[PDB]
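Let me begin by presenting the structure, written as C-alpha coordinates, before commenting on it.
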Amino acid sequence: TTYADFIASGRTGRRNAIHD
Amino acid sequence: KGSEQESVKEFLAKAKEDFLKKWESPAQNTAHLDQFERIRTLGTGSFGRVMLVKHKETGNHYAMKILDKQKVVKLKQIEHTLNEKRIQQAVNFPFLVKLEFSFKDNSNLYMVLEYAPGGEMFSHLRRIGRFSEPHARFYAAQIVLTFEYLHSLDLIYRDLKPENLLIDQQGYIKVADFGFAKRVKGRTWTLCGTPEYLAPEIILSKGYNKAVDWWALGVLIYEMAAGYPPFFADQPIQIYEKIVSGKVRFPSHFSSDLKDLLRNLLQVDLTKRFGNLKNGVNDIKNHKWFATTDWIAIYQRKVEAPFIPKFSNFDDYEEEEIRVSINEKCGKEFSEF
Ligand SMILES: O=C(Nc1c[nH]nc1-c1nc2cc(CN3CCOCC3)ccc2[nH]1)NC1CC1
(Lines of atoms letter the chains of each structure in order from A and count residues from 1; the text may use other names and numbers.)
(Lines give C-alpha, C1' and ligand atoms only; values in the text may rest on other atoms or scores of the structure.)
Protein backbone atom coordinates (compact mmCIF):
# COMPACT_ATOMS: atom_id res chain seq x y z
CA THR A 1 0.00 0.00 0.00
CA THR A 2 0.98 3.63 -0.55
CA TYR A 3 0.42 4.32 3.15
CA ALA A 4 2.84 1.50 4.03
CA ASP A 5 5.39 2.95 1.57
CA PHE A 6 5.02 6.37 3.18
CA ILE A 7 5.36 5.10 6.78
CA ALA A 8 8.47 3.14 5.83
CA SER A 9 10.00 6.22 4.13
CA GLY A 10 12.47 8.71 5.59
CA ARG A 11 10.12 11.68 5.25
CA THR A 12 7.42 11.06 7.87
CA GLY A 13 8.89 13.44 10.45
CA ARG A 14 8.84 17.23 10.39
CA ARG A 15 10.17 18.43 7.03
CA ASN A 16 12.74 21.21 6.81
CA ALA A 17 12.31 23.99 4.31
CA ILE A 18 14.90 24.37 1.61
CA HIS A 19 16.94 27.59 1.59
CA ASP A 20 18.73 26.94 -1.73
CA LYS B 1 -24.10 41.35 -7.13
CA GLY B 2 -22.49 39.16 -5.82
CA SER B 3 -23.88 40.80 -2.73
CA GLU B 4 -21.60 38.30 -1.04
CA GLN B 5 -18.64 39.23 -3.26
CA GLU B 6 -19.29 42.94 -2.69
CA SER B 7 -19.18 42.38 1.08
CA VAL B 8 -15.91 40.51 0.50
CA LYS B 9 -14.35 43.32 -1.56
CA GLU B 10 -15.31 45.92 1.05
CA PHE B 11 -13.92 43.97 4.02
CA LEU B 12 -10.64 43.40 2.14
CA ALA B 13 -10.44 47.10 1.27
CA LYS B 14 -10.59 48.06 4.96
CA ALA B 15 -8.23 45.25 5.95
CA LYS B 16 -5.66 46.45 3.41
CA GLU B 17 -5.80 49.92 4.90
CA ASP B 18 -5.12 48.58 8.40
CA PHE B 19 -2.26 46.46 7.06
CA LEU B 20 -0.70 49.30 5.06
CA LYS B 21 -0.44 51.64 8.05
CA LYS B 22 1.39 48.94 10.02
CA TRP B 23 3.44 47.86 6.98
CA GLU B 24 4.71 51.44 6.64
CA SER B 25 5.19 52.01 10.41
CA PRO B 26 6.21 48.68 11.97
CA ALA B 27 5.95 48.00 15.67
CA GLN B 28 9.46 47.55 17.05
CA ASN B 29 11.24 46.92 20.38
CA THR B 30 8.01 46.23 22.23
CA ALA B 31 9.39 44.05 25.06
CA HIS B 32 12.54 42.73 26.73
CA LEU B 33 13.68 39.18 27.42
CA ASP B 34 13.64 39.64 31.21
CA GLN B 35 9.88 40.24 31.11
CA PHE B 36 9.33 36.60 30.15
CA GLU B 37 9.64 33.52 32.31
CA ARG B 38 11.03 30.75 30.09
CA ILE B 39 9.15 27.54 30.87
CA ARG B 40 10.15 24.93 28.28
CA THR B 41 11.06 24.31 24.66
CA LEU B 42 8.02 23.82 22.46
CA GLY B 43 10.05 23.04 19.34
CA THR B 44 12.92 24.13 17.12
CA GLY B 45 13.49 26.12 13.96
CA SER B 46 16.58 26.83 11.85
CA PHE B 47 17.80 29.65 14.06
CA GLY B 48 17.02 28.60 17.63
CA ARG B 49 14.44 27.16 19.98
CA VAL B 50 10.80 28.15 20.24
CA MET B 51 10.07 28.45 23.97
CA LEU B 52 6.89 28.38 26.00
CA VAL B 53 7.11 31.60 28.02
CA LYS B 54 5.00 33.54 30.51
CA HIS B 55 4.86 37.34 30.37
CA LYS B 56 5.61 38.18 33.99
CA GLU B 57 3.46 41.23 34.51
CA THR B 58 0.35 39.76 32.82
CA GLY B 59 0.74 36.01 33.37
CA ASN B 60 -0.14 35.44 29.70
CA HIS B 61 1.56 32.55 27.93
CA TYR B 62 3.29 32.94 24.57
CA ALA B 63 5.55 31.00 22.24
CA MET B 64 8.85 32.85 21.98
CA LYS B 65 10.77 32.15 18.79
CA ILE B 66 14.51 32.75 19.28
CA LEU B 67 16.63 33.55 16.22
CA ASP B 68 20.42 33.50 16.52
CA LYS B 69 21.47 36.51 14.41
CA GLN B 70 24.74 34.93 13.22
CA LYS B 71 22.89 31.79 12.10
CA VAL B 72 20.44 33.93 10.10
CA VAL B 73 23.32 35.70 8.31
CA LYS B 74 25.12 32.41 7.62
CA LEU B 75 21.98 30.89 6.07
CA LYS B 76 21.52 34.09 3.96
CA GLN B 77 18.07 34.61 5.50
CA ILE B 78 18.50 38.24 6.62
CA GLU B 79 15.99 39.72 4.16
CA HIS B 80 13.54 36.83 4.64
CA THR B 81 13.73 37.33 8.40
CA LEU B 82 13.09 41.07 8.06
CA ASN B 83 10.13 40.26 5.73
CA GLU B 84 8.82 37.77 8.29
CA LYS B 85 8.62 40.16 11.21
CA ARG B 86 7.54 43.20 9.18
CA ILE B 87 4.71 41.24 7.56
CA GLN B 88 3.63 39.34 10.65
CA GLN B 89 3.30 42.42 12.89
CA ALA B 90 1.15 44.06 10.18
CA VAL B 91 -1.43 41.39 9.31
CA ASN B 92 -4.59 40.71 11.31
CA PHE B 93 -6.80 37.71 10.68
CA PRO B 94 -8.48 34.98 12.78
CA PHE B 95 -6.41 32.16 11.30
CA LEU B 96 -3.00 33.89 11.50
CA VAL B 97 -0.71 33.58 14.53
CA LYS B 98 -0.26 37.04 16.06
CA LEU B 99 3.16 38.52 16.70
CA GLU B 100 2.42 39.99 20.13
CA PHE B 101 5.91 41.40 20.81
CA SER B 102 9.29 41.51 19.14
CA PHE B 103 12.74 42.68 20.23
CA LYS B 104 16.40 41.78 19.91
CA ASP B 105 19.58 41.85 21.99
CA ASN B 106 23.30 41.39 21.32
CA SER B 107 22.83 37.77 20.20
CA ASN B 108 19.25 37.08 19.20
CA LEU B 109 16.09 38.23 17.58
CA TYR B 110 12.96 37.35 19.54
CA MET B 111 9.44 36.98 18.16
CA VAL B 112 6.81 36.54 20.85
CA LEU B 113 3.94 34.66 19.25
CA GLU B 114 0.38 33.98 20.32
CA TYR B 115 0.36 30.53 21.93
CA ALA B 116 -1.77 27.70 20.57
CA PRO B 117 -2.16 24.98 23.23
CA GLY B 118 -2.94 22.35 20.57
CA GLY B 119 0.45 22.60 18.90
CA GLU B 120 1.02 21.62 15.27
CA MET B 121 -1.53 19.98 12.99
CA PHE B 122 1.39 17.81 11.82
CA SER B 123 1.54 15.97 15.14
CA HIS B 124 -2.17 15.16 15.28
CA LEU B 125 -2.32 14.25 11.58
CA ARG B 126 0.52 11.72 11.81
CA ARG B 127 -0.88 10.17 15.00
CA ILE B 128 -4.50 9.81 13.80
CA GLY B 129 -3.33 8.74 10.35
CA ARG B 130 -5.61 10.88 8.19
CA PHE B 131 -8.53 13.25 8.50
CA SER B 132 -11.95 12.41 7.03
CA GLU B 133 -13.08 14.83 4.29
CA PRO B 134 -15.41 16.93 6.49
CA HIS B 135 -12.54 17.28 8.97
CA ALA B 136 -10.05 18.15 6.22
CA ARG B 137 -12.57 20.57 4.67
CA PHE B 138 -12.95 22.48 7.94
CA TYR B 139 -9.19 23.20 7.95
CA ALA B 140 -8.97 23.78 4.19
CA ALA B 141 -11.70 26.41 4.39
CA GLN B 142 -9.70 28.41 6.94
CA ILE B 143 -6.66 28.26 4.67
CA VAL B 144 -8.80 29.36 1.68
CA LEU B 145 -9.97 32.45 3.57
CA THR B 146 -6.48 33.16 4.90
CA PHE B 147 -4.88 33.04 1.44
CA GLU B 148 -7.67 35.22 0.07
CA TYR B 149 -6.78 37.71 2.80
CA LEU B 150 -2.98 37.52 2.38
CA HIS B 151 -3.04 37.61 -1.42
CA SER B 152 -5.21 40.73 -1.38
CA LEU B 153 -2.34 42.38 0.50
CA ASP B 154 0.09 41.30 -2.26
CA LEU B 155 1.54 38.75 0.21
CA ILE B 156 2.73 35.29 -0.83
CA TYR B 157 2.99 32.83 2.02
CA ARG B 158 5.28 30.18 0.42
CA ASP B 159 5.51 27.58 3.22
CA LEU B 160 2.12 25.90 3.62
CA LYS B 161 2.35 22.48 5.34
CA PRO B 162 0.88 20.81 8.46
CA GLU B 163 4.05 21.63 10.46
CA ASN B 164 3.15 25.34 10.19
CA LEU B 165 -0.57 25.13 11.14
CA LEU B 166 -1.39 25.33 14.86
CA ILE B 167 -4.65 24.12 16.47
CA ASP B 168 -6.10 26.52 19.03
CA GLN B 169 -8.25 25.83 22.10
CA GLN B 170 -11.42 26.02 19.98
CA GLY B 171 -10.07 23.60 17.36
CA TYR B 172 -9.42 26.27 14.71
CA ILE B 173 -6.21 26.79 12.65
CA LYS B 174 -3.59 29.48 13.09
CA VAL B 175 -1.01 29.82 10.31
CA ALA B 176 2.46 30.11 11.87
CA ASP B 177 5.93 30.90 10.57
CA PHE B 178 6.19 33.81 8.13
CA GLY B 179 9.85 33.10 7.35
CA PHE B 180 9.20 32.99 3.59
CA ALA B 181 6.31 35.41 3.36
CA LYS B 182 6.95 38.22 0.90
CA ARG B 183 5.11 41.33 -0.29
CA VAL B 184 5.56 41.32 -4.07
CA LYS B 185 3.52 42.72 -6.92
CA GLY B 186 4.19 40.46 -9.86
CA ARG B 187 6.81 37.73 -10.04
CA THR B 188 9.52 36.50 -7.70
CA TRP B 189 12.29 33.94 -7.99
CA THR B 190 13.53 32.61 -4.66
CA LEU B 191 13.86 28.83 -4.49
CA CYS B 192 12.28 28.35 -1.06
CA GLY B 193 9.60 26.20 0.51
CA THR B 194 9.38 22.58 1.55
CA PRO B 195 10.07 19.92 -1.12
CA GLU B 196 6.75 18.02 -0.91
CA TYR B 197 4.88 21.35 -1.20
CA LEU B 198 6.84 23.12 -4.00
CA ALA B 199 4.84 24.09 -7.07
CA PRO B 200 6.37 22.93 -10.39
CA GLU B 201 7.19 26.48 -11.54
CA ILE B 202 9.38 26.86 -8.43
CA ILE B 203 11.39 23.69 -9.12
CA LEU B 204 11.81 24.78 -12.74
CA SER B 205 13.36 28.18 -11.83
CA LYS B 206 10.59 29.79 -13.84
CA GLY B 207 9.53 32.87 -11.88
CA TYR B 208 6.25 32.60 -9.97
CA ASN B 209 3.47 34.33 -8.07
CA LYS B 210 0.71 33.67 -5.55
CA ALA B 211 -0.40 30.59 -7.52
CA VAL B 212 2.25 28.57 -5.68
CA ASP B 213 0.16 29.03 -2.51
CA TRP B 214 -2.87 27.49 -4.28
CA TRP B 215 -0.83 24.53 -5.53
CA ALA B 216 0.41 24.08 -1.94
CA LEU B 217 -3.22 24.09 -0.71
CA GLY B 218 -3.80 21.15 -3.05
CA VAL B 219 -0.92 19.26 -1.42
CA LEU B 220 -2.19 20.03 2.06
CA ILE B 221 -5.78 18.95 1.39
CA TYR B 222 -4.47 15.77 -0.21
CA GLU B 223 -2.14 15.02 2.71
CA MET B 224 -4.82 15.73 5.33
CA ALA B 225 -7.33 13.48 3.53
CA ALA B 226 -4.86 10.72 2.56
CA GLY B 227 -2.40 10.70 5.48
CA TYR B 228 0.50 11.03 3.06
CA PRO B 229 1.40 13.69 0.48
CA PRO B 230 0.71 13.26 -3.24
CA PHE B 231 4.46 13.35 -4.07
CA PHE B 232 6.91 11.68 -1.68
CA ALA B 233 10.19 9.73 -1.83
CA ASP B 234 13.35 9.30 0.23
CA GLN B 235 15.22 12.15 -1.50
CA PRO B 236 13.91 15.62 -2.50
CA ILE B 237 15.31 15.09 -5.99
CA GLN B 238 12.96 12.14 -6.53
CA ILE B 239 10.11 14.25 -5.11
CA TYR B 240 10.80 17.00 -7.67
CA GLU B 241 10.75 14.49 -10.56
CA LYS B 242 7.21 13.43 -9.56
CA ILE B 243 5.93 17.01 -9.03
CA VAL B 244 6.95 18.12 -12.51
CA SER B 245 5.89 14.82 -14.14
CA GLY B 246 2.29 16.02 -14.49
CA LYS B 247 0.97 12.86 -12.77
CA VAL B 248 -0.87 12.30 -9.48
CA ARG B 249 -2.93 9.38 -8.17
CA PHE B 250 -5.67 9.61 -5.58
CA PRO B 251 -6.52 7.02 -2.90
CA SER B 252 -9.53 4.86 -3.70
CA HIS B 253 -11.54 6.52 -0.89
CA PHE B 254 -11.27 10.10 -2.16
CA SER B 255 -14.71 11.32 -3.18
CA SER B 256 -15.04 12.33 -6.81
CA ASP B 257 -15.64 15.93 -5.68
CA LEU B 258 -12.36 15.90 -3.73
CA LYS B 259 -10.48 14.44 -6.70
CA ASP B 260 -11.86 17.17 -8.95
CA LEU B 261 -10.84 20.01 -6.64
CA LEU B 262 -7.34 18.52 -6.29
CA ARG B 263 -6.92 18.06 -10.05
CA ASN B 264 -7.53 21.77 -10.52
CA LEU B 265 -5.27 22.78 -7.60
CA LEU B 266 -2.46 20.38 -8.47
CA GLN B 267 -2.48 21.68 -12.05
CA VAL B 268 1.05 22.04 -13.48
CA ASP B 269 -0.30 24.50 -16.10
CA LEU B 270 -0.50 27.92 -14.40
CA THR B 271 -3.22 29.06 -16.80
CA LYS B 272 -5.51 26.21 -15.69
CA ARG B 273 -4.75 26.15 -11.94
CA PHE B 274 -7.62 27.04 -9.63
CA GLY B 275 -7.04 30.24 -7.72
CA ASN B 276 -5.13 31.64 -10.71
CA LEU B 277 -8.03 32.06 -13.16
CA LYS B 278 -10.39 34.95 -13.92
CA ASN B 279 -12.57 34.28 -10.88
CA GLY B 280 -9.51 33.92 -8.65
CA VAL B 281 -10.30 32.45 -5.24
CA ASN B 282 -13.96 31.87 -6.08
CA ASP B 283 -13.32 28.93 -8.41
CA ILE B 284 -12.26 27.31 -5.11
CA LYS B 285 -14.89 28.76 -2.77
CA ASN B 286 -17.70 27.85 -5.21
CA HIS B 287 -16.37 24.37 -5.90
CA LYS B 288 -18.57 21.32 -5.36
CA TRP B 289 -16.43 19.96 -2.48
CA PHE B 290 -17.09 23.21 -0.54
CA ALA B 291 -20.87 23.33 -1.14
CA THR B 292 -21.70 22.73 2.55
CA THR B 293 -19.17 25.30 3.75
CA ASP B 294 -20.56 28.45 5.34
CA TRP B 295 -17.63 30.75 4.68
CA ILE B 296 -18.90 33.55 6.92
CA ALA B 297 -19.63 31.10 9.75
CA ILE B 298 -16.07 29.76 9.46
CA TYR B 299 -14.66 33.29 9.60
CA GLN B 300 -16.54 34.25 12.76
CA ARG B 301 -15.85 30.83 14.33
CA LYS B 302 -19.47 29.68 14.68
CA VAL B 303 -18.80 26.19 13.29
CA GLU B 304 -18.13 23.37 15.73
CA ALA B 305 -14.60 22.06 15.37
CA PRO B 306 -14.31 18.34 14.54
CA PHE B 307 -11.39 18.06 16.97
CA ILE B 308 -10.62 19.94 20.18
CA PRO B 309 -7.14 19.53 21.72
CA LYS B 310 -6.88 17.40 24.86
CA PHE B 311 -7.28 20.05 27.58
CA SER B 312 2.48 17.59 30.90
CA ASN B 313 2.15 16.62 27.21
CA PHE B 314 5.15 18.09 25.35
CA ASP B 315 8.08 16.31 23.74
CA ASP B 316 10.95 16.51 26.20
CA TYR B 317 14.08 18.49 25.40
CA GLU B 318 17.29 19.23 27.20
CA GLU B 319 16.77 22.78 28.42
CA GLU B 320 19.64 25.26 28.59
CA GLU B 321 19.72 28.92 29.54
CA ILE B 322 19.90 31.62 26.86
CA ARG B 323 23.43 32.96 26.38
CA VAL B 324 23.49 36.64 25.43
CA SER B 325 26.91 37.75 24.14
CA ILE B 326 28.82 40.73 25.54
CA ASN B 327 29.07 42.35 22.11
CA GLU B 328 26.38 43.12 19.57
CA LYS B 329 26.37 40.71 16.63
CA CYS B 330 25.16 41.75 13.17
CA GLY B 331 23.76 45.06 14.38
CA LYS B 332 23.54 46.80 11.01
CA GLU B 333 22.02 43.76 9.28
CA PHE B 334 19.01 43.70 11.63
CA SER B 335 18.72 47.43 12.35
CA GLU B 336 15.09 47.62 11.27
CA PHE B 337 13.99 44.54 13.25
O1 LIG C 1 5.88 28.76 16.52
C2 LIG C 1 5.82 27.61 16.80
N3 LIG C 1 4.83 27.12 17.74
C4 LIG C 1 3.81 27.95 18.38
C5 LIG C 1 3.46 29.29 18.13
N6 LIG C 1 2.46 29.58 18.94
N7 LIG C 1 2.13 28.52 19.68
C8 LIG C 1 2.91 27.51 19.37
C9 LIG C 1 2.94 26.09 19.95
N10 LIG C 1 3.87 25.20 19.64
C11 LIG C 1 3.61 24.06 20.34
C12 LIG C 1 4.26 22.80 20.40
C13 LIG C 1 3.75 21.79 21.22
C14 LIG C 1 4.50 20.43 21.26
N15 LIG C 1 3.72 19.43 21.09
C16 LIG C 1 4.48 18.28 21.03
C17 LIG C 1 3.65 17.03 20.67
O18 LIG C 1 2.82 17.24 19.58
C19 LIG C 1 2.04 18.37 19.73
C20 LIG C 1 2.94 19.60 19.96
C21 LIG C 1 2.60 22.02 22.00
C22 LIG C 1 1.95 23.26 21.94
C23 LIG C 1 2.47 24.30 21.09
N24 LIG C 1 2.08 25.58 20.83
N25 LIG C 1 6.75 26.64 16.23
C26 LIG C 1 6.70 25.22 16.57
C27 LIG C 1 7.14 24.82 17.98
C28 LIG C 1 8.07 24.58 16.80
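Each chain is given a letter, A onward, matching its sequence line's place in the list. Here the PDB entry sets the residue numbers for chain A, with the shown residues being 5-24 in order. The residues of chain B that appear here are 8-318, 325-350 by the PDB entry count, in order. Both ligands and their constituent atoms are indexed starting at 1 by order of listing. Worth knowing before you read on, the calculation uses all heavy atoms, side chains too, and leaves out hydrogens, waters and symmetry mates.
This structure shows the largest set of contacts to ligand 1 coming from the chain UniProt labels cAMP-dependent protein kinase catalytic subunit alpha. The drug observed at ligand 1 carries the PDB name AT9283. The letters of other chains with a heavy atom under 4.0 Å from AT9283 are B. Binding site of AT9283, heavy atoms within 4.0 Å: B/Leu49, B/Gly50, B/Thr51, B/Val57, B/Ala70, B/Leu120, B/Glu121, B/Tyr122, B/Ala123, B/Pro124, B/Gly126, B/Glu127, B/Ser130, B/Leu173, B/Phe327, B/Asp328. In chain B, most residues contacting AT9283 belong to UniProt domain Protein kinase. Nearest non-hydrogen protein atom to atom 10 (N) of AT9283 is B/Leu49 CD1, 3.7 Å. Annotation: A/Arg18 places no N or O atom under 3.5 Å from an N or O atom of AT9283; distance criterion only. Scanning the protein heavy atoms around atom 24 (N) of AT9283, the nearest turns out to be B/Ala123 O, 2.7 Å. Of all atoms in AT9283, listed by their number and element, those nearer than 4.0 Å to a heavy atom of B/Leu120 are 1 (O). For atom 25 (N) of AT9283, the nearest protein heavy atom (residue, atom name, distance) is B/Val57 CG2, 4.0 Å. The N/O atoms of B/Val104, backbone and side chain alike, include none that comes under 3.5 Å of an N/O atom in AT9283.
With ligand atoms numbered from 1 in the order given, AT9283 contributes 5 (C), 6 (N), 7 (N) to contacts under 4.0 Å with heavy atoms of B/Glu121. Closest to atom 26 (C) of AT9283, if we only count protein heavy atoms, is B/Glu127 OE2, 3.7 Å. Per the PDB record, the organism listed against chain B is Homo sapiens. Each of the following atoms of AT9283 lies closer than 4.0 Å to a heavy atom of B/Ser130: 18 (O), 19 (C).
In summary, the atoms of AT9283 found under 4.0 Å from a heavy atom of B/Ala70, numbered by their order in the structure, are 4 (C), 5 (C), 6 (N), 7 (N), 8 (C). In terms of N/O distances under 3.5 Å, AT9283 is not approached by B/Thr51. Near B/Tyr122, with a cut-off below 4.0 Å to any heavy atom, the atoms of AT9283 are 6 (N), 7 (N), 22 (C), 23 (C), 24 (N).
If you number the atoms of AT9283 from 1 as listed, the ones under 4.0 Å from a heavy atom of B/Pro124 come out as 22 (C).
When hydrogens are left out, the protein atom nearest atom 28 (C) of AT9283 is B/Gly50 CA, 3.6 Å; that is the closest non-hydrogen contact.
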